[PDB]
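Opening notes on tipranavir bound to protein (HIV-1 protease).
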There are 2 protein chains.
Amino acid sequence: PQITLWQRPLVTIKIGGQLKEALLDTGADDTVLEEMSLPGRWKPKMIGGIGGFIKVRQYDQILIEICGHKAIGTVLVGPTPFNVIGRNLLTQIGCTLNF
Amino acid sequence: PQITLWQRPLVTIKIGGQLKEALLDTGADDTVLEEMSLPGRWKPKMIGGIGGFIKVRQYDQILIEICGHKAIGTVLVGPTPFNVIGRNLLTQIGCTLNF
Ligand SMILES: CCC[C@@]1(CCc2ccccc2)CC(O)=C([C@@H](CC)c2cccc(NS(=O)(=O)c3ccc(C(F)(F)F)cn3)c2)C(=O)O1
């Protein structure tokens, strides 16, 4: 659909059999979610943002349903303050910025 | 313009006569720029990011040109890893998320 920016661009996602709420963040290269259990092996990684770095666990080839939209891609799990859907999966669902 | 996200959504801003590179970020509510001087008095503000909170310098009614569009609102100045343009100014340029 079309999303205006008067409010935070919050969407519901589905992952690991858990329905969740996320932020569509176009400034994020990656997708970071609050702590959770995902299947398969993961690697430790460090991602920075406003505030500095947080250690995260990186899961690859993950299926996510955003706005009833399937998408597969890398997902990082860690001590994030908020769930954030990055460009990494935003491209996959054809998201653009218009103005 | 219509901006895709396979690349960072970097744009050129004109701020205080200087051209700068900023990021269009729907995930941020406010505009946070790298350390720089600006006119007037500033109020203090604490902002939370992915990796923690940071104090910043709040500046109101600042003139910022983003891709030719003229905006005038609040600008946070602080230790940010990158110049970020938030919802406060995106709503001003009439920026939406499409899909
Ligand atoms: C201005 C703060 C808002 C925000 C955090 C979001 C938030 C929203 C509501 C409540 C709580 C938190 C959103 C934002 O886009 C990021 C950024 C960097 C600008 C961000 C977000 C997610 C991941 C990262 N790590 S990264 O490797 O994907 C990365 C690293 C750097 C860049 C750069 F282009 F921003 F430098 C972008 N992405 C960074 C952030 O660090 O804080």
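Chain A corresponds to the first sequence line; subsequent lines are lettered B, C, and so forth. Note that chain A is numbered according to the PDB entry, with residues 1-99 shown in order. We number chain B the way the PDB entry does; in order, the residues shown are 1-99. Numbering of ligands and ligand atoms starts at 1, following listing order.
Tipranavir, all copies counted: located at ligand 1. Other chains contributing a heavy atom less than 4.0 Å from an atom of tipranavir: A, B. Using a 4.0 Å cut-off to heavy atoms of B:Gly27, the atoms of tipranavir that qualify are 8 (C).
Per-residue contacts place A:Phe82 under 4.0 angstrom from the following atoms of tipranavir (heavy atoms of the residue considered): 9 (C), 10 (C), 11 (C), 12 (C). Polar contact with tipranavir: present for A:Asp30 (N/O pair, distance under 3.5 Å). The residue B:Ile47 has no part lying near tipranavir, judged by heavy-atom distances below 4.0 Å. Residue B:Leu23 approaches tipranavir through these ligand atoms, each under 4.0 Å from one of its heavy atoms: 34 (F), 35 (F). Residue B:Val84 approaches tipranavir through these ligand atoms, each under 4.0 Å from one of its heavy atoms: 19 (C). Per the entry, the organism of origin for chain A is Human immunodeficiency virus 1. Using a 4.0 Å cutoff on heavy atoms, A:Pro81 counts as a contact of tipranavir. Using a 4.0 angstrom heavy-atom cutoff, A:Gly48 counts as in contact with tipranavir. Contacts between B:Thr80 and tipranavir, counted as non-hydrogen atom pairs separated by less than 4.0 Å, are absent for every part of the residue. Residue-level proximity to tipranavir for B:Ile50 is carried by backbone and side chain together, each with a heavy atom below 4.0 angstrom. Around tipranavir, within 4.0 Å by heavy-atom distance, are found A:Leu23, A:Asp25, A:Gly27, A:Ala28, A:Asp29, A:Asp30, A:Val32, A:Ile47, A:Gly48, A:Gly49, A:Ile50, A:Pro81, A:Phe82, B:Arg8, B:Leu23, B:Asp25, B:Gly27, B:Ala28, B:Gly48, B:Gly49, B:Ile50, B:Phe82, B:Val84.
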